[PDB]
Chemist: 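Hi! Got a PDB file here: velsecorat bound to Glucocorticoid receptor.
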Amino acid sequence: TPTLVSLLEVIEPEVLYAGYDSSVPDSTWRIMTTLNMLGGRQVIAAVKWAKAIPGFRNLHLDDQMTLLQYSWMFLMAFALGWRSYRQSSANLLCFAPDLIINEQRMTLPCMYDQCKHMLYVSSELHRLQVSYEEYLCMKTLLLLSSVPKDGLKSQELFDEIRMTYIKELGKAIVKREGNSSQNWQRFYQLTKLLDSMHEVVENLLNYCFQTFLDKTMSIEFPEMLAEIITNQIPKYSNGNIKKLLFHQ
Amino acid sequence: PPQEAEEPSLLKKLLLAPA
Ligand SMILES: C[C@H](NC(=O)C(C)(F)F)[C@H](Oc1ccc2c(cnn2-c2cccc(C(=O)N[C@@H]3CCOC3)c2)c1)c1ccc2c(c1)OCCO2
């Protein structure tokens, strides 16, 4: 009264519509271009959400730019994983109410590769039966899970914020169960999924950056994603990325 | 027109925008 997890619940971005036209047969171009446009709108919701996260607007504006530019795909993939889990038991990729990627759509050329990585996040969320509260704390933690090699400007403050959300996730795990050995075992399992997201997003961005730089594919990108991708392409090499892991 | 400091970044514009 008020908990940080109830604040996260209030600020959780709404499920947006794709604006997909289903009165014309499917094609990979139409689906990927639509998911790109929808993706730019999801990035906007994520920035608006980050601004309401207690502690974030205390970081310097360059750190705020930095974390969103590094974490945007982690948020989208994780929230897609959550929706696909609750709505289909991780069988369908529930991008938008008007655009579900079912078995048929996955078989479309170029589709399956990016899809399997998304279905892995949802498979894991399903297999661990992640609760709403654990999901909200995990998602905040994914915004604070990658920083530059040399660090952020508000480093001590960033460390305070991340610790706050590591403790919120702890409380959501305790509330869900209440057994001390099973508590840390569940913390281990949830935190393992957070760690494994680094590789999921590394594969998502490697295909995403290939599609963005591909002159032949002609797949469109929204202006918001076009600018983040322009920055993050040189950030992968030389590697100015420090993964903040819970295990290793 | 007068000199301005309009922000070119869409991300930075979203981060500065109220409220
Ligand atoms: C940029 C990528 N483009 C490429 O990879 C490419 C193909 F162009 F190269 C694009 O990524 C995504 C990834 C998730 C996406 C979207 C659009 N909606 N959702 C989504 C759904 C549910 C919740 C949230 C979410 O963010 N929710 C809240 C808001 C803020 O926080 C919480 C976001 C686009 C992509 C394009 C086509 C794909 C694809 C991936 O994977 C499957 C095969 O087709």
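Chains are named by letter, beginning with A, in the same order as the sequence lines. To match the PDB entry, the residue numbers of chain A are left as they are there, and the shown ones run 529-776. Numbers in chain B come straight from the PDB entry, and the residues shown are 134-152, in order. Note: hydrogens, waters and symmetry copies are ignored here, and every other heavy atom, side chains too, is used. In each ligand, atom 1 is the first atom listed, and ligand 1 is the first ligand listed.
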Chemist: By chain letter, what other chains have any heavy atom closer than 4.0 Å to velsecorat?
Modeler: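 Counting heavy atoms only, the chains are A.
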Chemist: Under 4.0 Å from a heavy atom of A:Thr739: which atoms of velsecorat are those, numbered in the order shown and with their elements?
Modeler: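 Those of velsecorat that fall under 4.0 Å from A:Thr739 are 8 (F), 9 (F).
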Chemist: Would you happen to know the UniProt domain of chain A where most contacts with velsecorat sit?
Modeler: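 The answer is UniProt domain NR LBD.
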Chemist: Number the atoms of velsecorat from 1 as they appear, then name those within less than 4.0 Å of a heavy atom of A:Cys643, with their elements.
Modeler: 42 (C), 43 (C)
Chemist: Check each atom of velsecorat against the heavy atoms of A:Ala574 and keep those under 4.0 Å away; list them by number with element.
Modeler: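 That gives atoms 30 (C) of velsecorat.
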Chemist: Any nitrogen or oxygen of A:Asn564, main chain or side chain, under 3.5 Å from a nitrogen or oxygen of velsecorat?
Modeler: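 N/O-N/O distance below 3.5 Å exists for this pair.
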Chemist: Is velsecorat under 4.0 Å from a heavy atom in the side chain of A:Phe749, in the backbone, in both, or in neither?
Modeler: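 Looking at A:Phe749 and velsecorat, just side chain atoms fall under 4.0 Å.
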Chemist: Provide, to 0.1 Å, the distance between atom 5 (O) of velsecorat and the closest protein heavy atom, together with that atom's residue and name.
Modeler: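 Nearest neighbour among protein heavy atoms for atom 5 (O) of velsecorat, to 0.1 Å: A:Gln642 NE2, 2.9 Å.
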Chemist: Judged by non-hydrogen atoms, does A:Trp610 sit under 4.0 Å from velsecorat?
Modeler: no
Chemist: Give me the nearest non-hydrogen protein atom to atom 21 (C) of velsecorat as residue plus atom name, then the distance to 0.1 Å.
Modeler: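 Heavy-atom neighbour on the protein nearest atom 21 (C) of velsecorat: A:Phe623 O, 3.3 Å.
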Chemist: Please verify whether a non-hydrogen atom of A:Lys667 lies at under 4.0 Å from velsecorat.
Modeler: yes
Chemist: So if I count the atoms of velsecorat from 1 in the order they appear, which ones are less than 4.0 Å from some heavy atom of A:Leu753?
Modeler: 1 (C)
Chemist: Output the list of atoms in velsecorat that are nearer than 4.0 Å to some heavy atom of A:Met646, sorted by atom number.
Modeler: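 The atoms of velsecorat under 4.0 Å from a heavy atom of A:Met646 are 13 (C).
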Chemist: Write out the residue and atom name of the closest protein heavy atom to atom 36 (C) of velsecorat, then the distance separating them to 0.1 Å.
Modeler: A:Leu563 CB, 3.6 Å
Chemist: Nearest to atom 25 (C) of velsecorat, what protein heavy atom do you find, and at what distance?
Modeler: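 For atom 25 (C) of velsecorat, the nearest protein heavy atom comes out as A:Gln570 OE1, 3.5 Å.
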Chemist: Measure the distance from atom 31 (O) of velsecorat to every protein heavy atom, then report the residue, atom name and distance (to 0.1 Å) of the closest one.
Modeler: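 In this structure, atom 31 (O) of velsecorat has A:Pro541 CG, 3.8 Å as its nearest protein heavy atom.
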Chemist: A:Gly567 heavy atoms, cut-off 4.0 Å: which velsecorat atoms fall inside?
Modeler: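 So the answer, numbered in order with elements, is 16 (C), 17 (C), 34 (C).
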Chemist: So, 4.0 Å and heavy atoms of A:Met639: is velsecorat close enough to count as a contact?
Modeler: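 Yes, A:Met639 has a heavy atom closer than 4.0 Å to velsecorat.
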Chemist: Return the residue, atom name and 0.1 Å-rounded distance of the protein heavy atom closest to atom 12 (C) of velsecorat.
Modeler: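 Here the nearest protein heavy atom works out to A:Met604 CE, 3.5 Å.
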Chemist: What protein heavy atom is closest to atom 27 (N) of velsecorat, reported as residue, atom name and distance in Å?
Modeler: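 Of the protein heavy atoms, A:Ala607 CB, 3.4 Å lies nearest.
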Chemist: Are there any N/O pairs under 3.5 Å between velsecorat and the protein, and if so, what are their distances?
Modeler:
| residue | atom | partner | partner atom | Å |
| --- | --- | --- | --- | --- |
| velsecorat | 3 (N) | A:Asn564 | OD1 | 2.8 |
| velsecorat | 5 (O) | A:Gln642 | NE2 | 2.9 |
| velsecorat | 18 (N) | A:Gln570 | NE2 | 3.4 |

